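Bound state: Proteasome subunit beta type-8 + carfilzomib (bound form).
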Amino acid sequence: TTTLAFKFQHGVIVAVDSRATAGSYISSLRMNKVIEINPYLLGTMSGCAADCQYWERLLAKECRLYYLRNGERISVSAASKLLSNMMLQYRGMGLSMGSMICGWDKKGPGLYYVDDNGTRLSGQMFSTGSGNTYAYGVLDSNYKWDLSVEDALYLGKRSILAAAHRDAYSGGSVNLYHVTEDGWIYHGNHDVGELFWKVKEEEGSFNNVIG
Amino acid sequence: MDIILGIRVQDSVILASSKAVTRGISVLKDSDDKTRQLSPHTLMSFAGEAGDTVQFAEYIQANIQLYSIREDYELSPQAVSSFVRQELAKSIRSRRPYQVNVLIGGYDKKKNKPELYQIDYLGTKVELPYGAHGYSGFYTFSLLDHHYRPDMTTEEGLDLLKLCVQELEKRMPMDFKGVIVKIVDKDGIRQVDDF
Amino acid sequence: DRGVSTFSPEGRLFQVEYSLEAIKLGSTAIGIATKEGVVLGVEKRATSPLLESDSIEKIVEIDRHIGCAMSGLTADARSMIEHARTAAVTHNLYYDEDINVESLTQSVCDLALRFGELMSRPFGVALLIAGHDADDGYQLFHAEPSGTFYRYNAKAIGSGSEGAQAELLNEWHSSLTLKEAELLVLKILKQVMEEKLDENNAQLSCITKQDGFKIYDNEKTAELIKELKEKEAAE
Amino acid sequence: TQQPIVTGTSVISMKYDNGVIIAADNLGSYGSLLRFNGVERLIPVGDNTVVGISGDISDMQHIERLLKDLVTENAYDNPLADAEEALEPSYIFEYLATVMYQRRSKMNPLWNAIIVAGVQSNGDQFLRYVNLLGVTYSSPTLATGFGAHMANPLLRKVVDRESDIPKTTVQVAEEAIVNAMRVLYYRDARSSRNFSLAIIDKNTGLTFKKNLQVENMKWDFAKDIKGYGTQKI
Amino acid sequence: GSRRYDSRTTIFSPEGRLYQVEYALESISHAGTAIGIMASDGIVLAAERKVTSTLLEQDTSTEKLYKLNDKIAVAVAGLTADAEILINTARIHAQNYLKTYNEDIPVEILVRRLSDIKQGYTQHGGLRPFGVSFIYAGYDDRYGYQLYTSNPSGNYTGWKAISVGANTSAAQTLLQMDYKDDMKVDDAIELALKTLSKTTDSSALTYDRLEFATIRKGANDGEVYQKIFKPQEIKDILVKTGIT
Amino acid sequence: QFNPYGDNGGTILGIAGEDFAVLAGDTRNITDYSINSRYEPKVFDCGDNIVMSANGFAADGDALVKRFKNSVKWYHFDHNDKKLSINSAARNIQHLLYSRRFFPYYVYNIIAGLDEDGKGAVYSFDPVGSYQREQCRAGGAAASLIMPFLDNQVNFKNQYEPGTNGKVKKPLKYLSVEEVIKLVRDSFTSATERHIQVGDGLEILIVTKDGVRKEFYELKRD
Amino acid sequence: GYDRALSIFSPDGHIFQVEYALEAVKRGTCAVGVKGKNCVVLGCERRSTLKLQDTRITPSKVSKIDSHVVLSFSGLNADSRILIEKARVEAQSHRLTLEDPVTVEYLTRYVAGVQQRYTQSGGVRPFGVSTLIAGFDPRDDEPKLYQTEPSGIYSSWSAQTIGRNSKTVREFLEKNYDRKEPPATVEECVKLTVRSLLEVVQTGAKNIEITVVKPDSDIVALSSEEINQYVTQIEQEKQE
Amino acid sequence: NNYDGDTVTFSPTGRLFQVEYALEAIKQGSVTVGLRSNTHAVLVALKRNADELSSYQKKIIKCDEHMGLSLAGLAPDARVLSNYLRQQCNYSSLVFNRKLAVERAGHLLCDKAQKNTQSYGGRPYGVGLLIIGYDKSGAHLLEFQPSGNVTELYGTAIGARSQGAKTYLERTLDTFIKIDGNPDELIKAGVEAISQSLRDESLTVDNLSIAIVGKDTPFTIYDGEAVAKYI
Ligand SMILES: *[C@@](C)(CO)[C@](*)(O)[C@H](CC(C)C)NC(=O)[C@H](Cc1ccccc1)NC(=O)[C@H](CC(C)C)NC(=O)[C@H](CCc1ccccc1)NC(=O)CN1CCOCC1
Ligand SMILES: [Mg+2]
């Protein structure tokens, strides 16, 4: 896989691929790698599909219970921490999970990286999965805080494309999300095959590839 | 996280800790603060296996903060370091030991003395004028052995610390993305924002 | 002394019967079910004017589609609510759907008789559980410490219950609107309450399919009280 | 986790028009040593079921006791123990299958392969297999160990599919089973000449044959075989 | 079943009192008087042994004054056997604290721990409370010299001077009269013995009917010394203060 | 050393139509190079208009199906005979699989039925409980043989409209039940030819609003 | 284990053990809580039957649960320590698992939950303690004051008193405390708290303790002389 | 008197008063009737409401496809016991691939209720149950008392005024036993039986509750307009 997420002036972008592999065999062309925990909280998925689905869907139960007890939405910081504490119970038992908890709360937009080791990091930009290195290349050179919603959505989309092209275990399609203070907004499923040719022509990139 | 240094000068303790966090072959973060304030005049830096470090640090922090509230009193750096050591010595024979090395820099308000304690994951405690964990000492101790005096000012301590970091940056194969430096003295804990 | 799970010669559990007496001392709570929604209303009954009345939380959200009102030893309700909320969300985790109001109520009532020598005594609080689901629509249940629950079209619990229940007997019909039900709860609460009913010592709430469970603002209820006064003065 | 010590080899079986047949040799091997020659590996349960077991003999004897106890337990507070509420082959099998899967799930298996052969209340033939892993399957012919490799091919020439069952008589089925047992004696290094055979018919009931022997064997042609290629004398 | 025979030791009266705690305090009021007096340069612990015999071996006897560690001691009033159970627990708690923090346990922390144990027997378990009242005399570097008391309820309070056991009403009045803040150890020793001499139910106060102890910084330079007085030393201080 | 797992072979295939769904699977059960049974049912009617097949290790597959069937029974008892929707069954199965995250059911599981809008639905699960709704899915031994064929012949992948030369795709027209069954049979006939563990017979379970229907077809027995 | 049901219902629907626990609270020394516009003050009575007391080391009546929340009480002293300890542990547990300090409402809800649990658990008796919990939520300047009691019910108060002769001081507060205009400053809030205790206390010497809690973890305890100045000013205005 | 404080105490005449008081709770409960032929078994139950705004408390519970019961007394105790039966029926199916015999189901309920009558701390069950079912030996009807006593019968009734229905069935014994292959006529006989226990009130559409099981009939419950046919 390839997943990414980054904060900017108008919230946080979240982009993921949709490929699933079982060895060298492509088992799934279209796997959802984003979980909708609540209207203001998203969770990316990388690593073991089962672990990512179970524990993040269990996080949503616990984030929902928070709202009922307190009459108030859970913070991104607190949600990420609940998840990291779960990972810490099954410490060394063999779980494989790498996720970014993206959302908007009272402190503004929030982004936390969490993995199976229990690591929990706050940051402006993250990328996980086998193709994260390719995505970081595009992100680091083109990222600004002063990005427009339109340009930011494209950057995340273009970054996944870069990874999907080079990484054999990344591809299928791109799922985009934009998190605002009114909640997250889905920005569609984009087939990489079609997107690649489109970007090639419009941008002029991928000159080495023939089409 | 791999790199943590400590130096005790005349009237303060200085802790320097790297900023890098690596996942697989990628550096995820270059601004990570590998430290927790245990009490107003006690700071603990840490380094070891992923996850265990922060958990252990926060667990210790919670215990010391609990003590502070219960007794309305700040434990001495020595007392804190002994508590931390016992927790690690307890840990090493557990089913799953916490793989964490720490430096505890504190200013004892009773004795009016800075104090630096070095504790590894086995629960091996030593009080030192300067210390380090992992490979950090291999590069830096020769400089510290040469330049260190006990009557050094905080500014001289920072200059000697810069020299240590420069040597690390020259001879270490790993890029640790610089260090966050913090000073512990009679007035409490503060961060040097330009280093 | 005597066992906690002892039967009386009449065939009733002493402790369950005594807990019902504690519920009669509680503040009044009323529920009315219609085809446009279910309305829940309670008497707050502050013991002093210095007590900030808005901190009195006798109407509570269990899920988006289920609400709950309480009467009696209200401290006992907290663990029941906690269990209800857990059950409601846990079912959503296991089955990716809303839980039936009856199934939720049954889950709460399973706690009731878990007492002996488990907890040391029955709960000293009754609950009006109101909600909506796709199968049976708008529902109102009365959950007792006996472990028994009855479904109701309308129900009153607490100190003014038998007086209110007789009033609900006459007033309820199957074609009630939500607005009519709101005024009806306010009317009956005002009748059985010791102090004069206003927006500060009484609270309204409802559950609809569209908007889910909502506790009414004091400004919103105040208007419904003013609307009630005028329509009673109209004849 | 263990290893089997004293073992029993193939159990073979098949369906026919009015019932089922099952057979198994009387040997308890101790590795390559043919240690115990008087072992019964077919165990009847009532007058409508026969359980044939291969694998570890100590685990067989354990199962044998579970079944013996199962009969005792079924008779408790049961006026219809010898009639409507008697033990059925399907009940006995599912019980064993439950036990076998539970034991493998605790990583402490009963090191066996079992075939439950019988006739149900309604006259239907029952024939199902279960092993140390809790794996179950049913077929017109079933065999364990070497029988799976050598006997099944022979028995499937008689009953290749479900529609061949009504066309197969008990005389033909028994003949096929007895021939299969001879072939296993020729070719299985952990087999014996002596065996037991059981027939469960919906009309004639349970017939249990002991002390059978493999006969009509072909060995004479061995005298003409000399050397391993070029030798003439 | 068994319910029939349960006394229910941990219940409130209609007046909101704990029956067993009140009755335990009644037991303690018949025990030998123990007095603690805190001075600027030390603490005194004095206590009266109950109607002794001439054949009691006094020099190897200990019923009133016990050592918890090098810095802290206690005077007992009530059931001696009950007190020893608690004393051994307190000794262990002090050593646990020392092992953990590498510092001697602060007096209040030890007192709170024992008082919390007593409290537990009044709220759960269905067992009778400990029929014991302590006077804690101790020193640490935070608050210096400290006197505390605890009773079967688990409630503890700090004092300048305090008595437990028999005739505490009379004893507390006498202490309140003659006590002053700038007082010294030698003066406090005299006050403690004079108070016992007036409150005692015995005909006269003698050395064989007393246990005595001091906690002094009267140890060579900045450190603290515990002195459990020997029979001959109690006899000498009785002559010195002019009681015998 | 005792190996608690095994491979019983087999192959399964689920396809979601517009107002129907099919769940097919071969009837051959094997170990190594031996045939255990030529007809051992692998796809089951679990009630509430749902069909399931747990392919891989038969003992774990039988256990899972048995447990879900039981889960449906208790869902009726506990929630007033309410019908278990396909999406609710899927989530329930995820939790059944993850109960053994550290000693997994070694099976690839598929279920089929109709969603609450009456449209066809297929759900796919990995051994440890990751599930996802899909239109088309083959599982088991010959899954890699069949899926590419279904991408081409169901979703019209790499197929464009003549004359345009790659500019316009082939439009995604819906398939009938009769059209789907043809693709299923050709999938298994092709798989039988090139995979040794596939053969003997093919059993298909079709789900519509009217109920669950079965169809059986012979396959090569070599 | 000892499982005996001590808190049980009576024929008239009362739990006597819980009601007798309230009688223990009635016996306890008076405690009062008053919230101003930008502060909360906690006043506490000290019974002067106990002199020769060491006031340095004697357990103070007001206890810090965290740096921003305090807890005072009336009733059994030993029982109050158990609640305070549990509360302090929960406060650190919340910071550790959620990365925010507790709200005053949450801490109150926890302490109240503990008290309730001890009214329907086998082998245990109810806490003979009512508490006043006060403070300011993190990054909030609105004052918070809550009360709990042995039954486990809790509620928020503009001003409240508990303990012996609390009926009298509540009477005073009800007529003297205006909701539309609460004590605007610290002085006015402390003055009103001292005035209320002077209705009951006896002597205004070492019998009154005052603790002022301001926003952003600003908690201080007034000394004897500072309080004595309030006592002096109140009575000099009263002589008229 | 002095011997009714708990279940662990015999009286001087050898009586268990707590068990007898639990038996009293059944008599207070609403009437329910059970009867069977050789092909089918029928439950008929008069449901009780709290008032006119309230629903009518459900009396019949399904245990398996071939077994179920009706209750009279403490409803929560019926939920506990029916849940136990559901599990036992289910254990028999999963382990032995065998439908649980109705007689054996009675033996299990007997033994579960008995343990509560001999031990300190617990209490007897405060409910009576009528279990119907169809197994390998045909149709069955059982009566369960919380004393532990379980009895196999052709027909019976429990609850308030149940003596009237029981006398009717005792007269009709020879008639209704012969009603084979006719479910509607067997229910009619049950509805006519429960009618002998009514006073003041009569059988309405939301008052009546009927259940049936038989040869080719899974245990199904009829409520609402489904029983208007039989009114
Ligand atoms: C990129 C594509 C790769 O890094 C992404 O990271 C994605 C993200 C997830 C959300 C999709 N990662 C994967 O797809 C992940 C890769 C992976 C697998 C295992 C550990 C770490 C990373 N793939 C999976 O989780 C697959 C997804 C399936 C197709 C839904 N699942 C498996 O590989 C399973 C689980 C592993 C396993 C469990 C039990 C026994 C054996 C293996 N494996 C199989 O199904 C293997 N299966 C064995 C039987 O024969 C068929 C193959
Ligand atoms: Mg070291």
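Proteins come first, then strands; the chains are lettered A, B, ... in the order of their sequence lines, and each starts at number 1. Readers should note that the entry appears only in part, and the reported contacts come from within that part. Every heavy atom of this structure was used, including side-chain atoms; hydrogens, water molecules and symmetry mates were not. As the structure lists them, so they are numbered: ligands from 1, and atoms in each ligand from 1. This deposition comes from X-ray crystallography, 2.9 Å.
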Locate carfilzomib (bound form) in the structure and give every matching ligand or chain.
ligand 1
Other chains near carfilzomib (bound form, ligand 1) (non-hydrogen, under 4.0 Å)
A, F
What residues line the site of carfilzomib (bound form, ligand 1) at a non-hydrogen cut-off of 4.0 Å?
A:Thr1, A:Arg19, A:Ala20, A:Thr21, A:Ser27, A:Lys33, A:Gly47, A:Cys48, A:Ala49, A:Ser96, A:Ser130, A:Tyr169, F:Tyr106, F:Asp126, F:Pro127, F:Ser130
Is there a covalent bond from carfilzomib (bound form, ligand 1) in this model? If yes, I'd love the residue and atom.
A:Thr1 OG1
List the closest UniProt active-site residue of chain A to carfilzomib (bound form, ligand 1) along with its heavy-atom distance to the nearest 1 Å.
A:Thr1, 1 Å
